[PDB]
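Carbonic anhydrase 2, liganded with brinzolamide.
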Amino acid sequence: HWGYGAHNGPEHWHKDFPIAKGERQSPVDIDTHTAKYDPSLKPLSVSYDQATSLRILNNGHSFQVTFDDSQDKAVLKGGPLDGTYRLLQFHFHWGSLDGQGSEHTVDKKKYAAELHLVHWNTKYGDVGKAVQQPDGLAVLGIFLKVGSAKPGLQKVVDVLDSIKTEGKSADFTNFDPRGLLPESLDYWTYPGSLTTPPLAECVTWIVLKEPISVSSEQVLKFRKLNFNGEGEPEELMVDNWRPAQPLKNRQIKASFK
Ligand SMILES: CCN[C@H]1CN(CCCOC)S(=O)(=O)c2sc(S(N)(=O)=O)cc21
Ligand SMILES: [Zn+2]
């Protein structure tokens, strides 16, 4: 099935998911000189104080931390959004080398990794319905650069040994996602899609301007995960990013001048 290899990677996805060649695909390159400052955009409101994390799992494409989304406990509002979006999960994309790994780029610059916090619009009642709507999901994207360690990420890094291979999961309670946010919440926003199959065009992207720093030791631990299941030939989980797609008839807006 689909993946990130020579024979099943992003250049092949359109054969099973024709919307890969659609009009609002992600990720995109953010051209900072062509983005438009929009003073009508509100500040983001991130309310994560009551977040309840549940599990961490290797899904064969990335690793994911899942949250209890059965009530409004961890929500995103404001910015370009109408209504309330509940945090469902976060995951990362990363590279084999420090100079690649992010999905979005900024003036063609690639970061070492990209963190996606995935939220769904509560008016649609469940995430399955939300993915069928043009305003169903909001994904907060945060770039990672290599430098100083991020203390709030260490709890994640320390459990990765226990989910090395596809299909492994572990209890992961009491994790506070506020520890992954940068100082500033200034952002770019544009209408886009999931960056993995099914590539649904249901996402309002909110990409933060300020990267977080993580240490080389932290990102090295990501690169030791496996795409394969236990008992299969080892293939390291690296370069699980989709390249930038055509902007087409979209404008990227910025919350800041
Ligand atoms: C390996 C599958 N990853 C998909 C899963 N989901 C898709 C199915 C939900 O249907 C019920 S998801 O909405 O949690 C989401 S968000 C992104 S991204 N990279 O942020 O655009 C990928 C995904
Ligand atoms: Zn993602």
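The residue numbers of chain A are those assigned by the PDB entry, with the residues present covering 4-125, 127-261 sequentially. Order of appearance sets the numbers: ligands from 1, and atoms from 1 within every ligand. Below, all heavy atoms of this structure are taken into account, side chains as well, without hydrogens, waters or symmetry copies.
- Within the model, the positions assigned to brinzolamide, copies included, correspond to ligand 1.
- Residue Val131 approaches brinzolamide (ligand 1) through these ligand atoms, each under 4.0 Å from one of its heavy atoms: 11 (C).
- When non-hydrogen atoms are compared, brinzolamide (ligand 1) lies under 4.0 Å from the side chain of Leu141 (C-beta onward) but not from its backbone.
- Atom 8 (C) of brinzolamide (ligand 1) has its closest protein heavy atom at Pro202 CD, 4.7 Å.
- Measured against 4.0 Å, the other ligands and ions close to brinzolamide (ligand 1) are ligand 2 (zinc ion).
- UniProt domain boundaries put most chain A contacts with brinzolamide (ligand 1) inside Alpha-carbonic anhydrase.
- In this structure, the UniProt active-site residue of chain A with the shortest heavy-atom distance to brinzolamide (ligand 1) (to 1 Å) is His64, 4 Å.
- Summary of contacts: the protein heavy atom closest to atom 12 (S) of brinzolamide (ligand 1) is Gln92 NE2, 4.2 Å.
- Atom 9 (C) of brinzolamide (ligand 1) has its closest protein heavy atom at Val135 CG1, 4.1 Å.
- In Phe93, neither the side chain nor the backbone holds a heavy atom less than 4.0 Å from any atom of brinzolamide (ligand 1).
- The overlap between the UniProt substrate-binding residues of chain A and the residues with a heavy atom under 4.0 Å from brinzolamide (ligand 1) is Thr199, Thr200.
- As for UniProt Zn(2+)-binding residues in chain A, a heavy atom under 4.0 Å from brinzolamide (ligand 1) is present in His94, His96, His119.
- Closest heavy-atom approach to atom 15 (C) of brinzolamide (ligand 1) among the candidates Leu198, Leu120, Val207: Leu198.
- Between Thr199 and brinzolamide (ligand 1), at least one pair of N/O atoms sits closer than 3.5 Å.
- Residue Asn62 has no N or O atom closer than 3.5 Å to an N or O atom of brinzolamide (ligand 1).
- Residue-level proximity to brinzolamide (ligand 1) for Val143 is carried by the side chain, the only part with a heavy atom below 4.0 angstrom.
- Closest to atom 3 (N) of brinzolamide (ligand 1), if we only count protein heavy atoms, is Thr200 OG1, 3.2 Å.
- Contacts of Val121 with brinzolamide (ligand 1), taken as heavy-atom pairs under 4.0 Å, involve the side chain alone.
- Which parts of brinzolamide (ligand 1) touch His96 is read off a 4.0 Å heavy-atom cut-off, strictly below it: atoms 19 (N).
- Other-chain residues and nucleotides with a heavy atom under 4.0 Å from brinzolamide (ligand 1) are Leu91, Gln92, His94, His96, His119, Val121, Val131, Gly132, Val135, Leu141, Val143, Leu198, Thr199, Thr200, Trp209.
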